[PDB]
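Check out this one - tamibarotene stuck to Flavin reductase (NADPH).
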Amino acid sequence: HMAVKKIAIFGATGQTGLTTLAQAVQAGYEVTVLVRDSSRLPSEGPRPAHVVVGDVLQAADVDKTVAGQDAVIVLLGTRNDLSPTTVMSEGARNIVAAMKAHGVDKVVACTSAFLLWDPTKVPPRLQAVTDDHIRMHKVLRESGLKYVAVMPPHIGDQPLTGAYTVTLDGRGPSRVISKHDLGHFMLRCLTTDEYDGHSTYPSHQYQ
Amino acid sequence: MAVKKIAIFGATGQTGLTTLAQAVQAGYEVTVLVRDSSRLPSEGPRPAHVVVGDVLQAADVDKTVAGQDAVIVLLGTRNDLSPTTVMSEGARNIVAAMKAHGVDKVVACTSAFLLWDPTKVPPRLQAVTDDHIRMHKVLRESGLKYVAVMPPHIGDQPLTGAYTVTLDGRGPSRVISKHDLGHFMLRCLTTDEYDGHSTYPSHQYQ
Ligand SMILES: NC(=O)c1ccc[n+]([C@@H]2O[C@H](COP(=O)([O-])OP(=O)(O)OC[C@H]3O[C@@H](n4cnc5c(N)ncnc54)[C@H](OP(=O)(O)O)[C@@H]3O)[C@@H](O)[C@H]2O)c1
Ligand SMILES: NC(=O)c1ccc[n+]([C@@H]2O[C@H](COP(=O)([O-])OP(=O)(O)OC[C@H]3O[C@@H](n4cnc5c(N)ncnc54)[C@H](OP(=O)(O)O)[C@@H]3O)[C@@H](O)[C@H]2O)c1
Ligand SMILES: CC1(C)CCC(C)(C)c2cc(NC(=O)c3ccc(C(=O)O)cc3)ccc21
């Protein structure tokens with residue numbers, strides 16, 4: 001019945017991206033992914049409708065990915081690399097410009113629950129990556145787009161439940177969210193305007 | 001000192017716009033150098049003088065620095081991904097103009113990266129950070145009374161006037177509102193105590 005039907009997913013080959021992609025395909029979305037390496041997509045796994053091979057640091061590649069979409073999901077990250085980086089904030093800059101040029105309004109983007117923390121209490125080893133989450137959140141907040149700021153705590157390997165808590169504009173009662181539940185939530189944000197302009201912290205107790 | 005007339009370079013950026021607004025509200029006679037005056041707000045506080053030009057033309061810079069009591073430098077080129085000298089070349093023009101016109105006080109903003117180990121700088125920001133360093137040395141070698149403002153993350157929180165200022169080192173917090181940052185650049189015009197120092201404004205925003 002397709003109010004939102006065509007979506008771009010950035011970071012679809014990552015931990016959360018892969019299950020977000022699987023869930024999106026099963027839910028009937030027509031998914032376009034931007035991937036650096038097509039081999040990162042599972043050969044047996046569910047196939048997106050459209051693959052763009054390129055880099056989020058090329059405006060041209062982002063433009064090709066955002067063209068014609070109804071909404072954008074952002075799950076960019078640096079895997080376990082804790083080095084100083086601007087890939088997420090610069091990627092978000094390109095995504096914002098592409099959305100504005102192509103008339104896409106809705107962006108659901110994952111940073112981190114550390115953006116709800118006292119900034120001085122972030123573990124030093126995570127500060128470089130958190131610094132770029134901060135830069136990225138500022139890019140998206142200042143864009144004027146309909147931006148849902150997803151700020152998860154630890155991403156785990158527990159099941160899909162669809163039963164997690166969503167805390168608005170503050171830290172939630174648990175310190176973990178499964179990658180499957182986080183992906184479920186990213187997609188849920190496509191079906192409602194209630195989180196637009198808010199920060200959201202999904203979390204759950206797996207039992 | 002008795003600072004009434006200031007030039008602002010970089011007035012159309014995010015920090016420059018609120019520094020300009022606050023300077024006009026406080027009563028400074030502000031001159032700005034802009035490439036396109038349509039980039040200045042049509043409403044609210046407006047500067048007293050507008051020079052149309054850019055910081056890479058020594059004549060435009062001389063026209064902007066002439067007659068001033070102090071200079072505020074809010075130049076940026078963080079669009080740049082690879083070696084660039086716009087900021088340091090601009091500071092060279094500004095220093096030459098201040099010397100020619102007898103202007104002694106410069107308050108310039110670079111980045112708190114200049115107070116961190118260089119391995120803290122993200123690779124795609126190293127070029128702009130390298131030119132921040134070059135601009136800082138151009139101003140440190142100046143012999144002019146130079147306050148180096150080296151802020152951390154610049155946020156959009158409302159003005160508080162309650163931030164802390166750390167001297168020659170990093171402070172406790174890691175963010176400064178663009179409004180508090182502009183407030184501090186203006187405060188540097190009212191005192192000698194920061195001259196020849198690096199300054200790190202920061203605050204925790206409830
Ligand atoms: N407990 C946690 O792990 C945790 C907690 C809170 C927040 N976070 C944050 O949550 C977000 C998602 O985490 P995650 O574990 O699901 O992600 P991830 O496994 O790190 O995957 C990151 C995705 O971004 C892609 N990517 C990186 N650079 C790219 C580039 N230049 N161009 C195009 N794509 C690029 C990656 O592609 P490749 O496959 O080519 O590498 C990958 O698909 C991250 O930002 C993370 O920092 C994680
Ligand atoms: N973003 C951060 O979190 C952060 C943190 C620490 C430090 N800083 C640094 O603080 C400084 C200012 O902050 P910002 O973010 O507000 O900068 P910004 O938004 O990028 O503003 C750039 C300003 O620089 C002027 N400019 C650039 N090249 C010029 C040229 N040839 N001639 C004349 N003017 C020129 C521009 O004037 P015209 O447009 O009229 O040409 C413009 O007003 C920057 O250097 C930045 O790197 C930023
Ligand atoms: C850089 C990266 C991807 C490396 C891997 C780990 C180390 C896994 C990681 C962990 C977090 N954050 C959290 O795990 C977390 C947990 C609870 C709260 C909270 O209680 O608010 C907040 C944040 C953020 C980024 C990262």
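The sequence lines fix the lettering, A, B, ..., with proteins before strands; numbering per chain opens at 1. Order of appearance sets the numbers: ligands from 1, and atoms from 1 within every ligand. Reckoned from all heavy atoms, side chains included, excluding hydrogens, waters and symmetry mates.
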Can you tell me where to find tamibarotene in the structure, every copy? ligand 3
Taking 4.0 Å as the heavy-atom contact limit, which other chains touch tamibarotene (ligand 3)? A
Which residue and atom name correspond to the protein heavy atom nearest atom 26 (C) of tamibarotene (ligand 3), and how close is it? A:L126 CD2, 4.4 Å
Contacting atoms of tamibarotene (ligand 3), where contact means under 4.0 angstrom from a heavy atom of A:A113: 21 (O), 22 (C)
Using heavy-atom distances, let me know which of A:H154, A:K121, A:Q127 sits nearest atom 8 (C) of tamibarotene (ligand 3). A:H154
Minimum heavy-atom distance, tamibarotene (ligand 3) to UniProt active-site residues of chain A: A:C110, 9 Å
Considering only the protein, which heavy-atom contact is closest to atom 3 (C) of tamibarotene (ligand 3), and what is its distance? A:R79 O, 4.1 Å
Can you name the atoms of tamibarotene (ligand 3), numbered from 1 with element, that are less than 4.0 Å from a heavy atom of A:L82? 1 (C), 4 (C)
May I ask you to check whether A:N80 has an N/O atom sitting below 3.5 Å from an N/O atom of tamibarotene (ligand 3)? no
How does tamibarotene (ligand 3) relate to the UniProt NADP(+) site of chain A: which of those residues have a heavy atom under 4.0 Å from it? A:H154
Would you look up which organism the entry lists as the source of chain A? Homo sapiens
Check tamibarotene (ligand 3) against A:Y201 and write out every atom of the ligand that is under 4.0 Å from a heavy-atom position of the residue. 19 (C), 20 (O), 21 (O)
Please state which protein non-hydrogen atom is closest to atom 17 (C) of tamibarotene (ligand 3) and give its distance, to 0.1 Å? A:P153 CB, 3.5 Å
Could you check atom 20 (O) of tamibarotene (ligand 3) against the protein and tell me its nearest heavy-atom contact, residue, atom and distance included? A:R171 NH2, 2.7 Å
Quick one: look up the protein heavy atom nearest atom 12 (N) of tamibarotene (ligand 3) and list residue, atom name and how far away it is. A:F114 CE1, 3.2 Å
Enumerate the residues contacting tamibarotene (ligand 3) with a heavy-atom distance under 4.0 Å. A:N80, A:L82, A:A113, A:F114, A:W117, A:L126, A:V129, A:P153, A:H154, A:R171, A:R175, A:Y201
